[PDB]
Amino acid sequence: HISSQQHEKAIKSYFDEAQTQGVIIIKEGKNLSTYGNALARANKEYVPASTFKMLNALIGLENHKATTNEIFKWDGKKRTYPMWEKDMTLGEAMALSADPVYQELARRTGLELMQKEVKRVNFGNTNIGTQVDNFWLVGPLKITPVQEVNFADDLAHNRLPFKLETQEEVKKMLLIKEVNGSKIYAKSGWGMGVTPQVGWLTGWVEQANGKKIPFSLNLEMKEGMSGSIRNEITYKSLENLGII
Ligand SMILES: *C(=O)[C@@H]([C@@H]1NC(C(=O)O)=C(S[C@@H]2CN[C@H](C(=O)N(C)C)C2)[C@@H]1C)[C@@H](C)O
């Protein structure tokens, strides 16, 4: 009974109140809905940053460069964040968004196979350039919020061109929240070495009844913003719309 004008206003205000510019795309069935305080971002290209980890893991697992219980050892070198200084599975690394593990996995895949697989699944502008272990951070790979939500929709419904088992193993890594019999699966992203900086949270909601509603939030991150503003705007938006 809440008007769409009111939903649009409330979700715009969540971005306004985080002092950022952003959009959140929701897809119900085949219909895309765009909300937020910067709608024109929906079809603009940004680096995928750590959202690329979902496809890196699909490619690595499909091509047997890793398994889901293999432990990627910390090599003992200092990492940007102390929580990355430990040994972890692809799964743990997904939740911590640990770039060093994903960089190692990309190097096992190698530049040639990586290029072929990123073209094969049709991700973003599909260009990875000549450096297998940084193309998702500063270019040249870019992707729009519409393309990210369509990727999430594909993964949520096992539609990507990988085995069903590869897709389920990656999906199991992405569970971030359970809210009233609803499950939220998502990957966050924060591209710090592009200007302006870009924040992402892309995934889907699995409702109690089995329906999956994919989303993609995309915003401008600014110095001394907390990463958790991405989750908060998302949960508020999905709750406002009655998806969770
Ligand atoms: C991916 O985009 C980069 C990493 N991704 C994230 C993220 O999406 O939050 C971070 S932030 C890093 C992870 N956990 C630490 C933390 O204190 N929290 C935000 C919970 C800091 C990285 C920048 C990746 C390419 O570096």
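Positions are given from 1, in the same order as the sequence printed here. Atoms within a ligand are numbered from 1 in the order they appear, just like the ligands themselves.
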Colleague: Looking at ligand 1, what drug do you see?
Modeller: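 It's meropenem (bound form).
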Colleague: Name, as the PDB entry does, the macromolecule that meropenem (bound form) contacts most in this entry.
Modeller: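 The largest contact partner is Beta-lactamase.
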Colleague: Run the numbers for me: atoms of meropenem (bound form), each under 4.0 Å from some heavy atom of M83, listed by number.
Modeller: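 Those of meropenem (bound form) that fall under 4.0 Å from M83 are 14 (N), 15 (C).
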Colleague: Polar contacts were defined as any N/O atom of the residue lying under 3.5 Å from an N/O atom of the ligand; does this apply to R230 and meropenem (bound form)?
Modeller: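 Yes, there is a polar N/O contact under 3.5 Å.
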Colleague: Could you check whether any heavy atom of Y102 sits closer than 4.0 Å to an atom of meropenem (bound form), since that is the contact criterion I want to use?
Modeller: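 So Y102 does not count as touching meropenem (bound form).
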Colleague: Which one holds for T51 and meropenem (bound form): side chain close, backbone close, both close, or neither close, with close meaning a heavy atom under 4.0 Å?
Modeller: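 None of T51 does.
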Colleague: Looking at atom 14 (N) of meropenem (bound form), would you say a protein heavy atom lies below 4.0 Å from it?
Modeller: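 Yes; the ligand atom in question has protein heavy-atom contact below 4.0 Å.
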Colleague: Below 4.0 angstrom, counting only protein heavy atoms, does anything approach atom 10 (C) of meropenem (bound form)?
Modeller: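 There is no protein heavy atom less than 4.0 Å from atom 10 (C) of meropenem (bound form).
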Colleague: Could an N or O of meropenem (bound form) be found under 3.5 Å from any N or O of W84, whether backbone or side chain?
Modeller: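 No; every N/O pair is 3.5 Å or more apart.
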Colleague: Does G227 have a non-hydrogen atom less than 4.0 Å from meropenem (bound form)?
Modeller: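 No, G227 has no heavy atom closer than 4.0 Å to meropenem (bound form).
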Colleague: For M192, take its heavy atoms, then give the atoms of meropenem (bound form) lying under 4.0 Å from any of them.
Modeller: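 Answer, ordered by atom number: 23 (C).
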Colleague: Would you say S188 has any N or O atom under 3.5 Å from an N or O of meropenem (bound form), going by distance alone?
Modeller: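 Looking only at distances, the answer is yes, because the N/O contact criterion of under 3.5 Å is met.
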Colleague: Of the backbone atoms (N, CA, C, O) and the side-chain heavy atoms from C-beta on, which set of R79 has a member under 4.0 Å from an atom of meropenem (bound form): side chain, backbone, both, or neither?
Modeller: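 Neither part.
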Colleague: Can you help me find the covalent attachment of meropenem (bound form)? I need the residue and the atom.
Modeller: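 Covalent bond to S50 OG.
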Colleague: For meropenem (bound form), which atoms sit closer than 4.0 Å to a heavy atom of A49?
Modeller: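 Near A49, meaning under 4.0 Å from one of its heavy atoms, meropenem (bound form) has 2 (O).
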Colleague: Give the atoms of meropenem (bound form), by number and element, whose distance to some non-hydrogen atom of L137 is under 4.0 Å.
Modeller: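 Counting from 1, the qualifying ligand atoms are 25 (C).
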Colleague: Run the numbers for me: atoms of meropenem (bound form), each under 4.0 Å from some heavy atom of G189, listed by number.
Modeller: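 Contacts of meropenem (bound form) toward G189, numbered from 1: 2 (O), 8 (O).
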Colleague: Check this for me - meropenem (bound form), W136, N or O atoms closer than 3.5 angstrom, yes or no?
Modeller: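 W136 vs meropenem (bound form): no N/O contact under 3.5 Å.
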Colleague: Can you find a protein heavy atom closer to atom 1 (C) of meropenem (bound form) than 4.0 Å?
Modeller: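 Flag for atom 1 (C) of meropenem (bound form) set to true, protein heavy atom closer than 4.0 Å.
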Colleague: Taking both backbone and side-chain atoms of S50, is any N or O found less than 3.5 Å from an N or O belonging to meropenem (bound form)?
Modeller: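 In this structure, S50 places an N or O atom under 3.5 Å from an N or O of meropenem (bound form).
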Colleague: Evaluate the 4.0 Å heavy atom contact test for atom 4 (C) of meropenem (bound form): does a protein atom fall under the cut-off?
Modeller: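 Under 4.0 Å from atom 4 (C) of meropenem (bound form), at least one protein heavy atom found.
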Colleague: Binding site of meropenem (bound form): which residues fall under 4.0 Å, heavy atoms only?
Modeller: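 Counting heavy atoms, the site comprises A49, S50, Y81, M83, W84, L96, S97, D99, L137, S188, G189, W190, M192, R230.
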